[PDB]
S.K.: 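In this model we see seocalcitol bound to Vitamin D3 receptor.
We count residues from 1, following the sequence as given. In what follows, every heavy atom counts, from backbone to side chain, and hydrogens, waters and symmetry copies are set aside. Read the numbers this way: they start at 1 and go in the same order the structure lists the ligands and their atoms.
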Amino acid sequence: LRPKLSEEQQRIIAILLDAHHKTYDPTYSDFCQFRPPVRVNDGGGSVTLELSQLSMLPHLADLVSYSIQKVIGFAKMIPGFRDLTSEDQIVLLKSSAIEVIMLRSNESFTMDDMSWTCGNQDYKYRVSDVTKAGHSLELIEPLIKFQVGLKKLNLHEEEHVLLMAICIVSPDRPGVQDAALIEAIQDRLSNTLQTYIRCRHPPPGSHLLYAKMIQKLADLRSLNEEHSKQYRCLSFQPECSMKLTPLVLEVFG
Ligand SMILES: C=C1/C(=C\C=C2/CCC[C@]3(C)[C@@H]([C@H](C)/C=C/C=C/C(O)(CC)CC)CC[C@@H]23)C[C@@H](O)C[C@@H]1O
C-alpha cells in the first residue's frame with residue numbers, strides 16, 4: 001500500500017522547506033564577515049605545529065557558531081518543537097548541534113574534489129584545513145566518508161530537511177525530561193518521511209532509502225562522540241578559548 005500524504009503531512013513538509021530556505025543561504029554571502037581563513041605551511045600535518053598555530057580555528061569557529069545560530073532558528077520552526085519545555089529544547093539543540101551542522105553541510109559538499117565549496121577559493125574547505133583547525137584524521141576521514149555516502153543517496157530537499165528535523169528531535173538524548181512528547185513529535189516527522197518516500201520517491205531504490213537514512217543518523221552519533229573527544233583535547237591548548245566564540249564554548253564546553 002502507498003497511502004497519500006495527508007493534508008497535515010504536506011503542511012509539515014512545506015513548513016520545513018520554508019524554514020531551511022530562511023536559515024540556509026546557498027550563496028554563502030555572509031562568510032566574508034567571519035574572521036579570515038589563514039592557511040600556513042603544514043605539508044607534514046604536524047600535530048605540534050597545528051596545535052601551536054591553529055590558523056584555521058578562528059575562521060571555522062565563526063562558521064560553526066554562525067551555523068549553530070541558524071540551526072536554532074531552524075529548530076524553532078519544527079512543528080511541535082515549541083511545545084516542549086525550554087529546558088528540553090536547549091538539551092536537544094546542544095546535543096544535536098554538531099550533527100545538524102555535518103548534515104546541512106552536505107549541501108556545500110562536492111564529490112568533484114571531496115571538499116566543501118562555499119563560493120570562491122577562500123571558502124573551499126579540504127581535509128587539510130580541518131587539521132589546521134586542531135582536529136585529527138580520526139574524525140576527518142569518517143566525516144568525509146559520511147559526506148560521500150549521504151551525497152550518493154541523492155535525497156530530495158524534502159527528505160533532507162526532514163532528516164535534520166528528525167535528528168534534532170531525538171527522545172534518546174542524555175538529559176531529556178519529557179521523552180514521550182519528543183518521541184511523539186519525532187514519530188510524526190518519521191511517518192511523514194516514510195510516507196513521502198513511498199509516495200514521491202521514484203526507483204531505483206524506492207524502498208530501502210528510509211533504512212539507509214536512519215542508518216546515517218546512527219553514523220552521526222559516532223561522529224558526535226569523536227568530535228567531543230577532540231574538542232576536549234583542543235580546549236587544553238592555552239589561549240584556545242579566545243579563538244572560539246561564547247556560543248561554541250557553551251554548546252561544546
Ligand atoms: C558549517 C557549514 C559548512 C561546512 C562544514 C564543514 C567544512 C569545514 C569543517 C567542518 C566545520 C567539520 C569539522 C570537523 C568541525 C569543526 C569544528 C570545530 C570546532 O571543534 C568547534 C565545534 C572548533 C572551532 C564539520 C562540518 C565541516 C558550510 C555550509 O554548508 C553551511 C554549514 O552549516
S.K.: State which residues lie within 4.0 Å of seocalcitol, judged on heavy atoms.
M.R.: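 On a heavy-atom basis, the binding site is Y24, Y28, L57, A61, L63, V64, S67, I101, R104, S105, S108, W116, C118, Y125, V130, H135, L139, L143, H227, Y231, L244, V248, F252.
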S.K.: Do protein heavy atoms approach atom 14 (C) of seocalcitol to less than 4.0 Å?
M.R.: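 Under 4.0 Å from atom 14 (C) of seocalcitol, at least one protein heavy atom found.
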S.K.: Give the atom numbers and elements of seocalcitol that come within less than 4.0 Å of a heavy atom of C118.
M.R.: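 Seocalcitol atoms under the 4.0 Å threshold to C118: 28 (C).
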S.K.: Looking at atom 10 (C) of seocalcitol, what's its closest protein heavy atom, distance included?
M.R.: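 Heavy-atom neighbour on the protein nearest atom 10 (C) of seocalcitol: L143 CD1, 4.9 Å.
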S.K.: Considering the heavy atoms of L139, write down every atom of seocalcitol situated less than 4.0 Å from one of them.
M.R.: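 Close to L139: 14 (C).
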S.K.: Side chain or backbone, does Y231 bring an N or O within less than 3.5 Å of an N or O on seocalcitol?
M.R.: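 In this structure, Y231 places no N or O atom under 3.5 Å from an N or O of seocalcitol.
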S.K.: Should you measure from each heavy atom of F252, which atoms of seocalcitol turn up under 4.0 Å away?
M.R.: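 Matching atoms, with element in brackets: 22 (C).
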S.K.: What I want to know is whether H227 and seocalcitol share at least one N or O pair that is separated by under 3.5 angstrom.
M.R.: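 For seocalcitol, there is an N or O atom that lies under 3.5 Å from one belonging to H227.
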S.K.: Working on this structure - any idea which UniProt domain of chain A most of the contacts with seocalcitol come from?
M.R.: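 Most sit in the UniProt domain NR LBD.
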S.K.: Short list, please: which atoms of seocalcitol are under 4.0 Å from a heavy atom of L244?
M.R.: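 Within the 4.0 Å cut-off of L244, seocalcitol contributes 24 (C).
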S.K.: So for seocalcitol, is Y125 a polar contact partner (N or O within less than 3.5 Å, distance only)?
M.R.: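 The answer is no, given that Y125 and seocalcitol share no N or O pair closer than 3.5 Å.
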S.K.: Filter the residues UniProt lists as binding calcitriol in chain A to those having a heavy atom under 4.0 Å from seocalcitol.
M.R.: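 Among the UniProt binders, by heavy-atom distance, it comes to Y24, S67, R104, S108, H135, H227.
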S.K.: Kindly confirm or rule out an N or O of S108 lying under 3.5 angstrom from an N or O of seocalcitol.
M.R.: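 Indeed, backbone or side chain, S108 has an N or O that close.
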S.K.: State which organism the entry records for chain A.
M.R.: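 Going by the PDB entry, Homo sapiens.
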S.K.: Check seocalcitol against the protein and report each N/O to N/O distance under 3.5 Å, formatted as atom name, atom name, distance.
M.R.:
residue     : atom   : partner : partner atom : Å
seocalcitol : 20 (O) : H135    : NE2          : 2.9
seocalcitol : 20 (O) : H227    : NE2          : 2.9
seocalcitol : 30 (O) : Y24     : OH           : 3.0
seocalcitol : 30 (O) : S108    : OG           : 2.8
seocalcitol : 33 (O) : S67     : OG           : 2.8
seocalcitol : 33 (O) : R104    : NH1          : 2.9

